[PDB]
Amino acid sequence: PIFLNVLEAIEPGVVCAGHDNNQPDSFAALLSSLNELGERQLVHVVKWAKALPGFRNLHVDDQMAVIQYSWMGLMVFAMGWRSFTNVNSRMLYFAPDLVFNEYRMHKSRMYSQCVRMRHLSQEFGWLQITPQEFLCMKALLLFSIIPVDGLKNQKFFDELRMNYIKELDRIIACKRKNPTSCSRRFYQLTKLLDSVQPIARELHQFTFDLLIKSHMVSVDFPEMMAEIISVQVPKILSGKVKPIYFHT
Ligand SMILES: N[C@@H](Cc1cc(I)c(Oc2ccc(O)c(I)c2)c(I)c1)C(=O)O
Ligand SMILES: N[C@@H](Cc1cc(I)c(Oc2ccc(O)c(I)c2)c(I)c1)C(=O)O
Ligand SMILES: C[C@]12CCC(=O)C[C@@H]1CC[C@@H]1[C@@H]2CC[C@]2(C)[C@@H](O)CC[C@@H]12
(Lines of atoms letter the chains of each structure in order from A and count residues from 1; the text may use other names and numbers.)
(Lines give C-alpha, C1' and ligand atoms only; values in the text may rest on other atoms or scores of the structure.)
(Ligands and ions follow the chains in the order given, each with its own letter.)
Protein backbone atom coordinates (compact mmCIF):
# COMPACT_ATOMS: atom_id res chain seq x y z
CA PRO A 1 0.00 0.00 0.00
CA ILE A 2 0.96 3.64 -0.55
CA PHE A 3 1.37 4.65 3.09
CA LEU A 4 3.70 1.72 3.79
CA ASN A 5 5.84 2.62 0.77
CA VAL A 6 6.34 6.19 1.98
CA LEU A 7 7.45 5.13 5.47
CA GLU A 8 9.99 2.63 4.14
CA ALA A 9 11.26 5.18 1.63
CA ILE A 10 11.63 8.17 3.95
CA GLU A 11 13.32 5.98 6.56
CA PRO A 12 16.62 7.68 7.57
CA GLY A 13 19.94 5.97 6.93
CA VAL A 14 22.98 5.23 9.08
CA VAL A 15 24.35 8.15 11.09
CA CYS A 16 27.74 8.37 12.81
CA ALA A 17 28.36 10.27 16.04
CA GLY A 18 31.97 11.10 15.24
CA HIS A 19 33.32 9.46 18.38
CA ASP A 20 37.10 9.02 18.64
CA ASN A 21 37.22 5.43 19.91
CA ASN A 22 40.99 5.92 20.23
CA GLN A 23 40.59 7.95 23.42
CA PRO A 24 39.75 6.29 26.76
CA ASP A 25 36.05 6.02 27.62
CA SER A 26 35.69 9.09 29.83
CA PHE A 27 32.37 10.53 31.00
CA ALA A 28 32.88 13.88 29.27
CA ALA A 29 33.97 12.29 25.99
CA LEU A 30 31.11 9.77 25.94
CA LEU A 31 28.23 12.18 26.60
CA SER A 32 29.72 14.89 24.39
CA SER A 33 29.56 12.32 21.60
CA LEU A 34 25.96 11.38 22.40
CA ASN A 35 24.97 15.05 22.22
CA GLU A 36 26.72 15.37 18.86
CA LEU A 37 24.94 12.23 17.68
CA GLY A 38 21.70 13.71 18.95
CA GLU A 39 22.34 16.96 17.12
CA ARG A 40 23.08 15.09 13.90
CA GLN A 41 20.11 12.74 14.33
CA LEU A 42 17.92 15.79 14.87
CA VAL A 43 18.69 16.90 11.31
CA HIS A 44 17.51 13.60 9.86
CA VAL A 45 14.41 13.67 12.05
CA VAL A 46 13.29 17.06 10.76
CA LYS A 47 13.66 15.96 7.13
CA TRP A 48 12.04 12.62 7.94
CA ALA A 49 9.07 14.40 9.53
CA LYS A 50 8.60 16.86 6.66
CA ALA A 51 8.52 13.93 4.22
CA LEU A 52 5.82 12.31 6.38
CA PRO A 53 2.27 12.02 4.96
CA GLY A 54 0.17 14.98 6.09
CA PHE A 55 2.83 16.48 8.34
CA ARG A 56 3.21 19.56 6.12
CA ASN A 57 -0.46 20.33 6.80
CA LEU A 58 -0.06 21.18 10.49
CA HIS A 59 0.56 24.78 11.52
CA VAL A 60 4.23 25.60 10.95
CA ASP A 61 4.58 26.22 14.70
CA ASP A 62 3.14 22.83 15.62
CA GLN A 63 5.47 21.07 13.18
CA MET A 64 8.44 22.43 15.11
CA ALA A 65 6.69 21.88 18.45
CA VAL A 66 5.86 18.19 18.06
CA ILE A 67 9.41 17.63 16.80
CA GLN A 68 11.01 19.42 19.75
CA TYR A 69 8.87 17.48 22.22
CA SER A 70 9.23 13.93 20.90
CA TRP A 71 12.70 13.88 19.35
CA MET A 72 13.93 11.98 22.42
CA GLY A 73 11.31 9.24 22.24
CA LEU A 74 11.83 8.80 18.51
CA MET A 75 15.62 8.50 18.61
CA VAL A 76 15.41 6.17 21.62
CA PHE A 77 12.90 3.97 19.80
CA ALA A 78 14.96 3.79 16.61
CA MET A 79 18.05 3.14 18.72
CA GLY A 80 16.49 0.08 20.34
CA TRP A 81 15.53 -1.21 16.92
CA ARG A 82 19.08 -0.89 15.58
CA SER A 83 20.45 -2.54 18.73
CA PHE A 84 17.97 -5.36 18.10
CA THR A 85 18.72 -5.88 14.40
CA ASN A 86 22.45 -5.12 14.67
CA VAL A 87 23.68 -6.92 17.80
CA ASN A 88 20.67 -8.86 19.06
CA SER A 89 20.08 -6.25 21.78
CA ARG A 90 23.31 -7.36 23.47
CA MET A 91 24.50 -3.74 23.56
CA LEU A 92 23.13 -0.27 22.83
CA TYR A 93 23.85 0.47 19.17
CA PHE A 94 23.61 4.27 19.22
CA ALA A 95 25.87 4.54 16.19
CA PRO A 96 28.31 2.32 14.24
CA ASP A 97 31.08 4.35 15.89
CA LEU A 98 29.41 4.71 19.29
CA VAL A 99 28.36 1.31 20.67
CA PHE A 100 27.77 0.97 24.41
CA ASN A 101 28.92 -2.09 26.33
CA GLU A 102 28.47 -2.88 30.04
CA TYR A 103 31.53 -0.75 30.79
CA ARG A 104 30.45 2.30 28.78
CA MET A 105 26.95 2.08 30.27
CA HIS A 106 28.56 2.66 33.66
CA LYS A 107 31.02 5.33 32.50
CA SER A 108 28.18 7.36 30.97
CA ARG A 109 26.90 7.84 34.54
CA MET A 110 23.46 6.63 33.43
CA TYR A 111 23.57 2.84 33.72
CA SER A 112 19.99 2.34 34.91
CA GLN A 113 18.59 4.41 32.04
CA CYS A 114 20.61 2.23 29.67
CA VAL A 115 19.12 -0.89 31.24
CA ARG A 116 15.60 0.31 30.45
CA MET A 117 16.72 1.29 26.96
CA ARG A 118 18.00 -2.24 26.47
CA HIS A 119 14.78 -3.67 27.88
CA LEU A 120 13.00 -1.67 25.19
CA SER A 121 15.44 -3.07 22.64
CA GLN A 122 14.86 -6.66 23.71
CA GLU A 123 11.12 -6.02 23.54
CA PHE A 124 11.44 -5.89 19.75
CA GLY A 125 12.42 -9.54 20.06
CA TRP A 126 9.84 -11.40 22.13
CA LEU A 127 7.14 -9.30 20.48
CA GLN A 128 8.49 -10.30 17.06
CA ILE A 129 7.95 -6.74 15.81
CA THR A 130 7.98 -6.66 12.01
CA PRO A 131 9.71 -3.85 10.04
CA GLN A 132 6.24 -2.61 9.08
CA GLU A 133 5.02 -2.31 12.66
CA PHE A 134 8.24 -0.56 13.67
CA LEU A 135 8.00 2.13 10.98
CA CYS A 136 4.36 2.84 11.78
CA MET A 137 4.87 2.86 15.56
CA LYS A 138 7.87 5.18 15.29
CA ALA A 139 5.88 7.66 13.21
CA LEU A 140 3.01 7.45 15.70
CA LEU A 141 5.52 8.47 18.36
CA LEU A 142 5.92 11.83 16.63
CA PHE A 143 2.30 12.52 17.60
CA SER A 144 2.69 11.16 21.13
CA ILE A 145 3.49 14.33 23.09
CA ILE A 146 1.91 17.80 23.10
CA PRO A 147 1.21 20.73 25.47
CA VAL A 148 -1.58 20.26 28.02
CA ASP A 149 -3.22 23.36 26.54
CA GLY A 150 -3.28 21.86 23.05
CA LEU A 151 -1.36 22.96 19.95
CA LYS A 152 -2.03 25.90 17.63
CA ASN A 153 -4.52 23.70 15.77
CA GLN A 154 -5.43 20.60 17.78
CA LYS A 155 -8.32 19.73 15.46
CA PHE A 156 -5.93 18.82 12.65
CA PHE A 157 -3.35 17.11 14.87
CA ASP A 158 -6.06 14.90 16.38
CA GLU A 159 -7.22 13.82 12.92
CA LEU A 160 -3.67 13.36 11.61
CA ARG A 161 -2.86 11.20 14.63
CA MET A 162 -6.11 9.28 14.28
CA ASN A 163 -5.27 8.62 10.63
CA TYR A 164 -1.88 7.24 11.66
CA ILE A 165 -3.42 4.97 14.27
CA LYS A 166 -5.70 3.53 11.60
CA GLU A 167 -2.59 2.80 9.55
CA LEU A 168 -1.20 0.78 12.45
CA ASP A 169 -4.51 -1.09 12.33
CA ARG A 170 -4.42 -1.85 8.61
CA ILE A 171 -0.83 -2.99 9.13
CA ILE A 172 -1.77 -5.21 12.08
CA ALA A 173 -4.77 -6.59 10.20
CA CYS A 174 -2.84 -7.20 6.97
CA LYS A 175 -1.42 -10.59 7.96
CA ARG A 176 -3.61 -11.79 10.83
CA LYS A 177 -6.44 -14.26 10.22
CA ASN A 178 -8.24 -14.47 13.57
CA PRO A 179 -10.14 -11.82 15.61
CA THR A 180 -8.31 -12.78 18.81
CA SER A 181 -4.61 -12.35 18.01
CA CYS A 182 -5.43 -9.24 15.95
CA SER A 183 -7.13 -7.38 18.81
CA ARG A 184 -4.40 -8.63 21.15
CA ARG A 185 -1.57 -7.49 18.88
CA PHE A 186 -2.88 -3.91 18.98
CA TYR A 187 -2.79 -4.13 22.76
CA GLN A 188 0.81 -5.34 22.82
CA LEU A 189 2.02 -2.59 20.48
CA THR A 190 0.09 0.26 22.13
CA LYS A 191 1.70 -0.93 25.35
CA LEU A 192 5.17 -0.96 23.81
CA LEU A 193 4.67 2.61 22.59
CA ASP A 194 3.60 3.77 26.05
CA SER A 195 6.61 2.15 27.67
CA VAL A 196 8.76 4.55 25.65
CA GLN A 197 7.45 7.67 27.38
CA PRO A 198 8.76 6.68 30.86
CA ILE A 199 12.24 6.16 29.41
CA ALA A 200 12.32 9.41 27.45
CA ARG A 201 11.17 11.13 30.64
CA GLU A 202 14.23 9.88 32.53
CA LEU A 203 16.54 10.93 29.70
CA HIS A 204 14.82 14.32 29.52
CA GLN A 205 15.56 14.82 33.21
CA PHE A 206 19.13 13.54 32.91
CA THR A 207 20.07 15.65 29.88
CA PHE A 208 18.49 18.71 31.51
CA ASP A 209 20.60 18.34 34.64
CA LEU A 210 23.65 17.51 32.53
CA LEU A 211 23.23 20.71 30.50
CA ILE A 212 23.04 22.85 33.64
CA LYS A 213 26.30 21.31 34.90
CA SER A 214 27.79 21.11 31.39
CA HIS A 215 30.62 23.51 32.27
CA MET A 216 31.34 21.69 35.54
CA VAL A 217 31.81 18.30 33.87
CA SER A 218 33.35 19.48 30.60
CA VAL A 219 30.44 18.17 28.52
CA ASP A 220 29.70 20.00 25.26
CA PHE A 221 26.19 20.60 23.92
CA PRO A 222 25.64 21.51 20.24
CA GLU A 223 23.78 24.73 19.45
CA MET A 224 20.36 23.29 18.63
CA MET A 225 20.77 20.66 21.35
CA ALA A 226 21.24 23.22 24.11
CA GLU A 227 18.47 25.45 22.73
CA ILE A 228 15.84 22.68 22.83
CA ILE A 229 16.86 21.13 26.15
CA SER A 230 16.82 24.56 27.81
CA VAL A 231 13.47 25.66 26.39
CA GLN A 232 11.37 22.69 25.28
CA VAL A 233 12.49 19.97 27.71
CA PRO A 234 11.78 22.15 30.80
CA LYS A 235 8.15 22.43 29.64
CA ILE A 236 7.91 18.64 29.85
CA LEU A 237 9.62 18.32 33.23
CA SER A 238 7.36 21.08 34.59
CA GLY A 239 4.16 19.46 33.37
CA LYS A 240 3.34 22.00 30.67
CA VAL A 241 3.89 19.40 27.95
CA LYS A 242 2.60 15.86 28.51
CA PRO A 243 2.86 12.59 26.53
CA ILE A 244 -0.24 10.80 25.20
CA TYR A 245 -0.70 7.37 26.75
CA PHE A 246 -3.05 4.80 25.22
CA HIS A 247 -3.52 3.11 28.60
CA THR A 248 -3.67 4.40 32.17
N1 LIG B 1 15.89 22.48 5.49
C2 LIG B 1 15.40 21.21 5.95
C3 LIG B 1 14.40 21.33 7.05
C4 LIG B 1 14.84 22.24 8.11
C5 LIG B 1 13.92 23.19 8.45
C6 LIG B 1 14.14 23.96 9.65
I7 LIG B 1 12.77 25.47 10.22
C8 LIG B 1 15.29 23.73 10.47
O9 LIG B 1 15.44 24.52 11.61
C10 LIG B 1 15.56 24.00 12.91
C11 LIG B 1 16.59 24.42 13.78
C12 LIG B 1 16.69 23.83 15.05
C13 LIG B 1 15.74 22.83 15.43
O14 LIG B 1 15.80 22.22 16.69
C15 LIG B 1 14.72 22.44 14.52
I16 LIG B 1 13.38 20.92 15.00
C17 LIG B 1 14.64 23.04 13.30
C18 LIG B 1 16.21 22.72 10.07
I19 LIG B 1 17.96 22.36 11.20
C20 LIG B 1 16.00 21.97 8.92
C21 LIG B 1 14.80 20.33 4.89
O22 LIG B 1 14.32 20.91 3.81
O23 LIG B 1 14.79 19.07 4.97
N1 LIG C 1 -4.47 5.87 3.50
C2 LIG C 1 -3.84 6.48 2.35
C3 LIG C 1 -2.89 7.57 2.73
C4 LIG C 1 -3.46 8.51 3.69
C5 LIG C 1 -2.68 8.75 4.78
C6 LIG C 1 -3.02 9.84 5.66
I7 LIG C 1 -1.86 10.24 7.39
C8 LIG C 1 -4.16 10.67 5.38
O9 LIG C 1 -4.43 11.71 6.27
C10 LIG C 1 -4.51 13.06 5.90
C11 LIG C 1 -5.61 13.86 6.29
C12 LIG C 1 -5.67 15.19 5.84
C13 LIG C 1 -4.62 15.70 5.02
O14 LIG C 1 -4.63 17.02 4.56
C15 LIG C 1 -3.53 14.85 4.66
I16 LIG C 1 -2.02 15.52 3.39
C17 LIG C 1 -3.50 13.57 5.11
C18 LIG C 1 -4.94 10.38 4.22
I19 LIG C 1 -6.65 11.53 3.78
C20 LIG C 1 -4.60 9.33 3.38
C21 LIG C 1 -3.10 5.54 1.44
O22 LIG C 1 -2.68 4.41 1.95
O23 LIG C 1 -2.94 5.77 0.22
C1 LIG D 1 18.97 10.71 21.94
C2 LIG D 1 20.40 10.08 22.03
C3 LIG D 1 21.12 10.18 20.64
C4 LIG D 1 20.45 9.46 19.45
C5 LIG D 1 20.17 8.01 19.89
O6 LIG D 1 20.54 7.11 19.10
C7 LIG D 1 19.57 7.75 21.22
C8 LIG D 1 20.29 8.52 22.40
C9 LIG D 1 19.61 8.32 23.79
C10 LIG D 1 20.41 9.06 24.88
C11 LIG D 1 20.54 10.59 24.59
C12 LIG D 1 21.20 10.80 23.19
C13 LIG D 1 21.37 12.33 22.93
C14 LIG D 1 22.11 13.13 24.02
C15 LIG D 1 21.54 12.89 25.44
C16 LIG D 1 20.15 13.65 25.55
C17 LIG D 1 22.40 13.16 26.65
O18 LIG D 1 22.47 14.55 27.00
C19 LIG D 1 21.74 12.37 27.83
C20 LIG D 1 20.87 11.27 27.13
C21 LIG D 1 21.40 11.31 25.67
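Here the PDB entry sets the residue numbers for chain A, with the shown residues being 671-918 in order. This deposition comes from X-ray crystallography, 2.6 Å. Note: hydrogens, waters and symmetry copies are ignored here, and every other heavy atom, side chains too, is used. In each ligand, atom 1 is the first atom listed, and ligand 1 is the first ligand listed.
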What is the identity of the drug or drug candidate at ligand 3?
dihydrotestosterone
Quick check: which of liothyronine, zofenoprilat, fluoxetine is at ligands 1 and 2?
liothyronine
Supply the name from the PDB entry of whichever chain has more contacts with dihydrotestosterone (ligand 3) than any other.
Androgen receptor
Residue, atom name and distance, where the atom is the protein heavy atom closest to atom 14 (C) of dihydrotestosterone (ligand 3):
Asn705 OD1, 3.2 Å
Tell me which protein heavy atom sits closest to atom 19 (C) of dihydrotestosterone (ligand 3), plus the residue, atom name and distance to 0.1 Å.
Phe876 CD2, 3.8 Å
Between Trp741 and dihydrotestosterone (ligand 3), is there a nitrogen or oxygen pair with a distance under 3.5 Å?
no
Curious here: most residues of chain A touching dihydrotestosterone (ligand 3), which UniProt domain are they in?
NR LBD
Among all protein heavy atoms, pick the one closest to atom 16 (C) of dihydrotestosterone (ligand 3) and tell me residue, atom and distance.
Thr877 OG1, 3.4 Å
Return the residue, atom name and 0.1 Å-rounded distance of the protein heavy atom closest to atom 20 (C) of dihydrotestosterone (ligand 3).
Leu873 CD2, 3.8 Å
Among all the protein's heavy atoms, is there at least one whose distance to atom 8 (C) of dihydrotestosterone (ligand 3) comes out below 4.0 Å?
yes
Considering only protein heavy atoms, which is closest to atom 12 (C) of dihydrotestosterone (ligand 3), and at what distance to one decimal place?
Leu704 O, 4.0 Å
Present, as a list of atom pairs with distances to 0.1 Å, all nitrogen or oxygen contacts under 3.5 Å between dihydrotestosterone (ligand 3) and the protein.
residue	atom	partner	partner atom	Å
dihydrotestosterone (ligand 3)	6 (O)	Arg752	NH2	2.9
dihydrotestosterone (ligand 3)	18 (O)	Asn705	OD1	2.9
dihydrotestosterone (ligand 3)	18 (O)	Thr877	OG1	2.9

